[PDB]
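In the model that follows, one finds veliparib.
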Amino acid sequence: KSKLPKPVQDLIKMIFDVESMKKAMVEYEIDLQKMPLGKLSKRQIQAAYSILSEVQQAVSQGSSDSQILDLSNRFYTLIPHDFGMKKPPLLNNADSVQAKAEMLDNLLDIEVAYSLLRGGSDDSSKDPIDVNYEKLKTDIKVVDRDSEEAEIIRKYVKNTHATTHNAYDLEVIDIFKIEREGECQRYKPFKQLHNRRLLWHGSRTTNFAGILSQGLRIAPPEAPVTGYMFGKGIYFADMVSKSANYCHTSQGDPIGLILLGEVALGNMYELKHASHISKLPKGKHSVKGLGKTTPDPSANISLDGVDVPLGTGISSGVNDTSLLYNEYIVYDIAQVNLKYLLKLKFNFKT
Amino acid sequence: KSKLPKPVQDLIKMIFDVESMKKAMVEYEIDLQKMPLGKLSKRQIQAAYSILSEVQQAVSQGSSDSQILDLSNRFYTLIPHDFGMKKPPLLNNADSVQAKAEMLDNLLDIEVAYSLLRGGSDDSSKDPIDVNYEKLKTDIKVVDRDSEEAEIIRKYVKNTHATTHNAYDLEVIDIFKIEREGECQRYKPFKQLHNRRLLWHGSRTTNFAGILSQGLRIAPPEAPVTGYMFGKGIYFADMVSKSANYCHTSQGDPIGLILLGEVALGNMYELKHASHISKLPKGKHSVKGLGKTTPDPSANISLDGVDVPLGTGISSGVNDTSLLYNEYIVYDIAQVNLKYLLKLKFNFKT
Amino acid sequence: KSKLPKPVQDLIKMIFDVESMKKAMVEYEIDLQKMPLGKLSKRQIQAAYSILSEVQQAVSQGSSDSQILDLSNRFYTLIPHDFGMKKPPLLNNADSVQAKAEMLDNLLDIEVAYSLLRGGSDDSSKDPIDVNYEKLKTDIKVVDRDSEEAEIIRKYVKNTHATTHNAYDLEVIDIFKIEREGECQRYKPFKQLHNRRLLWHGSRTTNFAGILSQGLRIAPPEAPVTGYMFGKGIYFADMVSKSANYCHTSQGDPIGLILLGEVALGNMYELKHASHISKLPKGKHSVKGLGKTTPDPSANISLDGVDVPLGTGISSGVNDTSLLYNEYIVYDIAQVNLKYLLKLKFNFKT
Amino acid sequence: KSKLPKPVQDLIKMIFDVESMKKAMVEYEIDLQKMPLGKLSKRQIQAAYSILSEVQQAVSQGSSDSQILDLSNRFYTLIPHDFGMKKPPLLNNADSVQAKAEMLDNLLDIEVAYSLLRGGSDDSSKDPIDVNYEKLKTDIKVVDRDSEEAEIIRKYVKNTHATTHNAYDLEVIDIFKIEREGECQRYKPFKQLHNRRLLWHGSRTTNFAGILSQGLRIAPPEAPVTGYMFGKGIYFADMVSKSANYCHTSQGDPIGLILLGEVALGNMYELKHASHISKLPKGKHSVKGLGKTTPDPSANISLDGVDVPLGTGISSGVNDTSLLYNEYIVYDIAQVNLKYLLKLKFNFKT
Amino acid sequence: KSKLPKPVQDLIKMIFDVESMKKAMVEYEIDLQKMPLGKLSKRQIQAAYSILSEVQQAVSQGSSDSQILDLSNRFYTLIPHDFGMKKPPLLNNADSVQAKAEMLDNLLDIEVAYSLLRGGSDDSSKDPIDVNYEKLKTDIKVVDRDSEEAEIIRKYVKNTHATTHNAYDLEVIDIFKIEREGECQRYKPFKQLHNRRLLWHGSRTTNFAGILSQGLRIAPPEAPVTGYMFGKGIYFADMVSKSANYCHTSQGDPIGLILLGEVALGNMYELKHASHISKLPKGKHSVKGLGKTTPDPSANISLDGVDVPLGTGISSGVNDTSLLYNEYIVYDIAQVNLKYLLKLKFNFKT
Ligand SMILES: C[C@]1(c2nc3cccc(C(N)=O)c3[nH]2)CCCN1
Ligand SMILES: C[C@]1(c2nc3cccc(C(N)=O)c3[nH]2)CCCN1
Ligand SMILES: C[C@]1(c2nc3cccc(C(N)=O)c3[nH]2)CCCN1
Ligand SMILES: C[C@]1(c2nc3cccc(C(N)=O)c3[nH]2)CCCN1
Ligand SMILES: C[C@]1(c2nc3cccc(C(N)=O)c3[nH]2)CCCN1
C-alpha cells in the first residue's frame, strides 16, 4: 500500500476526482450525453476560444446582429449545452464572453486532468494513489501544524481575512510544501531580481492537476482579452480574501484549495484602473493594481529575502481606485515559484 | 402557439427543466450512469427512507458498529453515489441522516416531476408548453407589477429582509396568483377558523412541479423524524429571510421560487425549543416556534381576514429561544391555501 | 437693489467668490506671488496639459529618467508651486499625472470664472449681483421646499445615500431649477432618443461659473487620458454618494454644489472594467460602467419619459466588477440637459 | 364597577403599585425593616439633600477626610442602607453624590405616591380604581391605535430610535392623551411664545403618580447641582432614544412609561458643553444642548404651531460637542404642557 | 551638508514650512494682501483675544445687539478676513467665539514660527537645515523601527485606534525621541509625584515649531474660557483616536504630527461633565474627564514608573458621561515632559 502520508493521499483523490469533473460540467449546463468527459479536446477548446474572441470583436464593432446569432450558434455547436427550451442564450456582450471564457479555461484543465488520469499503464502493480501522484511531477510534503512555516501561513490567512465580506470564515485543514519538477532551476535566474513576495493564488479544485503538472500558465493568443484587467498574465493577491473567491466553494462543497507562490516581481508598474498592456514599460517587470485595502505595512515580514505581507487589512493611501484589493501580475511564468498549497475549509455565516 | 402569457411560459420551462433535475442529482454525487432520472422509483425512495430511520435508531441506541456499516452499505446500494475512492461516508449521526433525508425529499419531487413530464400523450397537436401547464392542475395568473397585491407583497419581501444575514438582496421578477385544482373547496371549512395568516414557504426549484401538482405534503411515516424541529408537518415563516434560505440559490443560479400561502392557524401552541409532537394539545391547531426576531406588530395589516405580518424585523419579547425566526407548523394539509408564487432574483453581496 | 430671490443671490456669491478661487490655488501649493489669479491663461493651461501627456507617454515607455526630470521641471516652471525645500515632486507615474490633470481642470474653470467676473462694464448702474447673474447665461429659479419636484429630489438624495461610506450625512439647503441659454434647443434632437435618465454630477464649487456659463465639457485633446476610466466624456452617477465625492467638501467647508441632469443615454454599452474607447460600437450611444451597488429597480420612477432611479441602494447582479457604483458616460455634450442644481450641507460623522 | 377603559385601569394599577415602590427601595439597598415605605418623610429627604450638597462642597474643597467620613455616616443614618459587611461606601466624589441625589429624587416621588395612595377616605363606596384615578387630578383618555395622533407619535418613536444603541427595540402598547388639572390655564401665556416643540421626557415608572399629580418639577435649592448638566431645570429630548434611557426598564420589567410634552422654548441659548446657569441671557428662554445626532430637519412637521421633530436621526453640523443627543431645558414649569403618555414595551436584543 | 539624519531633516522642513503657514491662514479666509505672515503681531493677537472674551460676555448677558455688531466689526478690523459679499459673519454665540479663539491660538504659533524662521543670522555659513533645527532648542533623535520603544508605541497607536470613528487608518512613518532644552530639570521635582502616565497630545502641524521651542503652554488670561471643557490647562488623551482629531489632517494632506508626553498626574479629580475650575481641590493635582470608552486596564503596562495604557478600547464603567474618551488636564506646565513625536500617515476609508 502507498507509503504516502494520509493527508497527501486525500489531496490526490481530491484533484483527480472524476465525479468532480462531471459536476463542474453539469454546473455549466453542458450535456454529458453529447459531450462526455473523455470527449473533451484541446483543439476543440482552442476553436471555442477563437469564436469567443470573434464575438468580442463583433460586440466592439456593434455587429448588425445575424453575425452575432451565427457566432452564438457556432459556439453552442462546439460546446453542447442542454437548455431544453427558451433557446440558447445570445453572446452579445462583454459580460457574456467573460463567463464563457472562464468556462473554457476550467474545461481545459479538466481535459488535462482526465488525460493524465488515463495514461502510462492502467495496471495494478502499484495502487492508483502512487501512480496518479507521480503523474503530477510535483514533490508534495505535509507541513506539521505546530511548525514555524505553519504559524506564519495561518497568521497570513487569519489577518488578510476580514469582516467586510465575511460571508464565511477560513480554517486551514492541511498545509503542503511543494516543488514541482522544473520549478527548481527555471526560477534561479529571476531569483537574482529584487522585490520577491509570497502571494496568494486561488483556483477551482478541478484545475489543480493541471496546475501542479503544468504550472500556472498565461492565456493563449486565441483567448479573448476581456476578463483580464491587466492583460494575459498570472495574477496574485496579497490578501487571502481576494484569492479565496476564485476557489468557488459553497455550503455544498465548503472545501477548497489555494496556492502560495514566491513571485519575483522586480520593479512594479503601478496602476489604479484596468489597463491592457502585456507590453510593459522599460525597467518594469510586473504590474501592481492598487487597491483600496492593503495589509498593514508595519506588520510586513521576511525570510531569505521573500517578503510576506501578512499585516492585517487597513485602508491604503489611495481610494480613487476601482480595485478593492491589491493585485499583482507577471507576464513570464519563470517569475513564479509555487511553494505551498493549502486545503481550506470555508464556513459560511449565512 | 401557446396563448399563455410570456412570464407564465417561462415559469413552466423552469419547473419542468430536465437539466435542472440532472444537476440536482449530480450535486448529490449521485451516479447518473447507474441511476438515471427515468430510473427513480417511489418504492425505492420509501425503502431508502426506512433505512435512514433505522440508522437514526441505531444512532440513538448507540449500535456497536457493524450494524451501522451494513445499514450504510445498504443505503448506498439503493442510492448509487459515485465517490471514486476514500470509500462511502458512514451514516453514524443525526447530522448525516438529516442530509440524506433532505435529499430523498428532493429526489421524490424530481421523480414526481419526471413522471408528469412523461404522460398522457407526447404528441405535438399542442405545444409542450400548454400541455405541461395543464399537468400542474393549477390555474396560474400574472399579477401586474403596479397593482395593490404586488405592492403589499413587495413590501412584505422588502421589510422582512434585513441586514443581519444580508449575504444577498432580493428582487421580485415575477408575481403569480395561484389556485390549484382541489385547493378551492378543501379549505372552505378551515376558513371558519380564526388566526389565518399569509406566510412564506421556500423550496428548491426542482420541487415545484410536485408542489403545484400535489400541494404541500407532510413527510411519510417511514421518514426519519430528525430534521423536523416540531414533528412532521408543513412549515411556514413570517420573515422572507427564513424561507428564502430553503430555495438553495447561488451566484451560479441566483434565481429561485417562493410561495405565499394562507394558513388557517387557529389557536397556536407556542414553543421556544424543538419539540416532536404532532399530537397537539386540545384546542390548539398549530404550533408557533418563537423566534428572537419578529415583524413589527404595529405594522401588521389585513384583508378579508387574513393577517399579513409585513412589519420590519424587530427584536421580539423573548430571546431565551434557540430559534432566530418565527416558524409556524400545521399538521393538516387542508389548513393550507397556496395563493401566490414569486420568482425571485438573489443578488449576493459577497 | 436686486429683484432676485435671496437664495439665488447667495448662490451667485458662492460661485463668483474670489477668496474661494485663491484658496483652491493655495490648496494646490501654487505660489500666488508668482502666479496670481489674474495671471492664469488658457494657452498656459493647454501647454501644461501637453506636458502632462508627455509625462504619461514617458511613463508608459519607461523613459530612462532625465527626460522625466526635464518634463517635471518644465511643468513646475509653467505652474509655479512653492515647496520651499525637499525639491519639487517628480512626475513619474500615472497617479502623479492624474492629480496634476485634475488640478489643471479646476484651474481652467477658475480662470474662466475670473475672466467672467471681469468683463462688460464694471460700473455700478446695477448692483454686482444682477450683473454677475446675467454673465452665467443661465435662468435660475428656486424650487419651493414643499413641492412635488423637491419631494422627488430629496428622496433621490436620501435613498441613494447609504451607510457604507457614511462619513457624513446629506442635507438639502436649496434646490434650483435651471435652464442655461443654449441648452433648450440643442437637446431637442436627442430627446427623440430613448433611455433618458435624470442623473447626478458633482463638482468643485469653484467650477460652477464655468459649468453654468459653458455647460459640461469634454476634456480637450492635449489632455492626458489617464484618469478617465472610459475615455474623455461626461460622467454621471445614479447614486448621489458617487457624485457627492467630487464636490470635495470638508468639515471646514461642509457646503457643496451638485447637479442633476437629464441625459439621453440611448443604447448603453455595458462594461465592468475601465476601457478607453470614445469610439463606441454601432448602435450604442453611451457607456454604463456596471457597479456592485445599484438603486432598487422596483423603486424606479418616471415623468415625461425621464427615468429617475431613486430606489434605495441594493447589491446588483454582478460583483465581478471593480466599480462600486454605476457610472454613465456620453461623448456628445448635446446629449445632456442640465435641469437642477442643489446646494448641499455635508455633516461629517467623524 | 369602574367605567374607565381597561387600558387606563391598567395604567392606574401600574403607577400606584406598592410592590414596585418596595422593589425600587430594595434595589437601592435600603433596609425596609428600618425604613418602611410609610416611614418616608419629605423633611427627611430635604435633610438628606442638604448632606449631599455638603459632601459636594467637601469634595470641591478637598476636605481633609474625617469631615467626609462624618458626612457619609450622617447620610446613612438618615437613609438606612443595609450592607452587612465591607462597611458603608464613602461619598467622596461627584460620581457618588450624583447617584445618591438621583435616588433621593426617586424616593421623594415614591413618598408622594404613597401619601396619595392613603388619603381622603379608604372606604369601598367606590372601587380603588376610580378613587386613585381621581387623586391624580389628571384627565386621561386612550388614543385609538388607528388615528392621526397615534400615527404621528409612533413614527416619532420609530424614527428617533436607531441602531447605534439598539440594545432593544421599542413597541408602543398604549397611547394616552393627558391634561392635568392646572395645566390648561397656566400655559396659555407662554403659548404666546414662539418655538413650541413636542418633546420627550422619560422617567421611572414609580415617579408617575407624583408627576401626574404635581407636574414636572425643578430640583429644590437644598439639592446638589452635580448631575444637572445645565442647572436645575426641566429636561427634554427630541430623540426617543435619549429619554427612554431614563425609564430604567430591563429584561425583568421591560415595560416603561414616557411622556411627550409641549414646551414653549422661545429663544434658545445654544451650548455644546455642560454649563450651570439658570441665570439665562436676556432674550433667551431656554437652553439647547447641541448633540452630535439630530432628527432630520427636512422631515420636521407641525400642527397648531407645535413643531414635531420626527425626522430620522442624522449627524448634526457640529460634533465638537460632548453631547450625543440634543437636550432642551426650561427653568419655568409654566413653559411645559404635558400632552401624552406612552406605555412602552422594551424588547432587548442582548 | 547637514549631518542630521534624513528623517529629522524632513521633520524640520515640515514644521518650518512657509507655504503651510500661508495655507492655514487662507483656510481661515484671512486676506494675506492686508495681513501678510510677516505682519502678524503678538499684541495684535492678545487684543483679538480680549475682543473675543468681550463677545462671550455680551453673549452671556444677552447684549441688546449693536454692542455685538461693534465688537464683531472690531474683531474683523484686527483680523482682516476677506469675504467679498454677504458681509462678515456675526459673532453672537459660544460656537462662534470658540472657532475664532481656536484660530487665534493657531495664528499665534504661526507667528512664533515665522519669528524664529527669521532671526540670528540669515547667512549661509551653515545650511538652513541645521540652523532652523538649532532654533527649536530641542534635541531630536530617530527611534529605530525595530526597537522596543517603537514596538510599544506602535501597539499604543494600533490598539487605541478602533472602528467606531474609522474614517481613516493610522500608519506610523517616523518616531522621534525628544527632549527640549529646559524640559530636563524642571520636571525632576514633579517626578517625585505618583501616577505618571504617557499620554497623547495632537496638534496642527503649523504649531510644532512653537510647541518644540516653547513647550506646551496654557491659554493666556485674555483668552475666552469657552472651548476648554475643564478650564485653561494642558490636555491629553489615553486613546490616540481622541488626540489624532486635533491634527486636522485630510485627504489633501494626510500627514500629521502627534506628541506623546509623560505627565505627572498625581491625584486626579474625576469628573463626567464640563467644569471650569483651574482652582483644584486640596490634594488633587490634575483632572480626569471620564469617558464612555477606555483602554483595557488589564493590558496596562509600565516602565521606570510611567504607566502606558495601551489596552484596546473597551466600554468603561460609567456611560452617564457626555465624554466619549478619557481626557487628562494639568494646570502646571512643569507637570509635563514631552518624550516622543510621531509623524503619522492618515489613510481615509471614505
Ligand atoms: C479574474 C482573474 C484573476 N484576477 C485575480 C486577482 C488576484 C488573485 C487571483 C487569483 N486567481 O488568485 C486572480 N484571478 C484574471 C486572471 C484569471 N482570473
Ligand atoms: C427544515 C424544514 C423547514 N423549516 C422551516 C421553517 C420556516 C420555513 C420553511 C420553509 N420551507 O419555507 C421551513 N422548512 C423542516 C420541514 C422541511 N424543511
Ligand atoms: C473621475 C471623473 C468622474 N467619474 C465619475 C463618475 C460618476 C460621477 C462623476 C461626477 N463628476 O459626478 C464622475 N467624475 C472622470 C471624469 C471627471 N472626473
Ligand atoms: C440626567 C437628567 C436628564 N437629562 C436629560 C436629557 C434629556 C431627557 C431627559 C429625560 N428625563 O427625559 C433627561 N434627564 C438631568 C435632569 C434629570 N435627569
Ligand atoms: C479642545 C482642546 C483639547 N481637548 C483635548 C482632549 C484630549 C486631547 C487633546 C489634544 N490636543 O491632544 C485635546 N485638546 C481643549 C484644549 C485645547 N484643545
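Lettering of chains follows the sequences in order, A, B, ..., and the numbering in each one begins at 1. Both counts, for ligands and for their atoms, begin at 1 and track the order of listing. Structure method, as recorded: X-ray crystallography, 2.3 Å. Displayed portion only: the contact tally does not extend beyond what is shown. Keep in mind that the numbers below use all heavy atoms, side chains included, and drop hydrogens, waters and symmetry copies.
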Which macromolecule does veliparib (ligand 1) make the most contacts with, named the way UniProt names it? Poly [ADP-ribose] polymerase 1, processed C-terminus
Veliparib (ligand 1): other chains, heavy-atom cut-off 4.0 Å: A
Which residues would you count as binding veliparib (ligand 1), with heavy atoms within 4.0 Å? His201(A), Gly202(A), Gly227(A), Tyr228(A), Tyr235(A), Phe236(A), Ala237(A), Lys242(A), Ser243(A), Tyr246(A), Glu327(A)
Distance to 0.1 Å, residue and atom name: give those for the protein heavy atom nearest to atom 4 (N) of veliparib (ligand 1). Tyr235(A) CD2, 3.5 Å
Give the numbers and elements of all veliparib (ligand 1) atoms closer than 4.0 Å to a heavy atom of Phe236(A). 7 (C), 8 (C)
Name the UniProt NAD(+)-binding residues of chain A with any heavy atom within 4.0 Å of veliparib (ligand 1). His201(A), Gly202(A), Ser243(A)
Within-cut-off N or O pair, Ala237(A) and veliparib (ligand 1), under 3.5 Å: no
Below 4.0 angstrom, counting only protein heavy atoms, does anything approach atom 11 (N) of veliparib (ligand 1)? yes
Please indicate whether any nitrogen or oxygen in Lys242(A) is less than 3.5 Å from any nitrogen or oxygen in veliparib (ligand 1). no
Which UniProt domain of chain A is the main contact region for veliparib (ligand 1)? PARP catalytic
Protein heavy-atom partner closest to atom 17 (C) of veliparib (ligand 1) - residue, atom, separation in Å: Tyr228(A) CE2, 4.4 Å
Which of the atoms in veliparib (ligand 1), numbered in the order shown and given with their element, are less than 4.0 Å from a heavy-atom of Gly202(A)? 10 (C), 11 (N), 12 (O)
Output the list of atoms in veliparib (ligand 1) that are nearer than 4.0 Å to some heavy atom of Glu327(A), sorted by atom number. 6 (C)
What protein heavy atom sits nearest atom 13 (C) of veliparib (ligand 1), and how far off is it? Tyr246(A) CE1, 3.4 Å
Heavy-atom nearest UniProt active-site residue: chain A, veliparib (ligand 1): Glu327(A), 4 Å
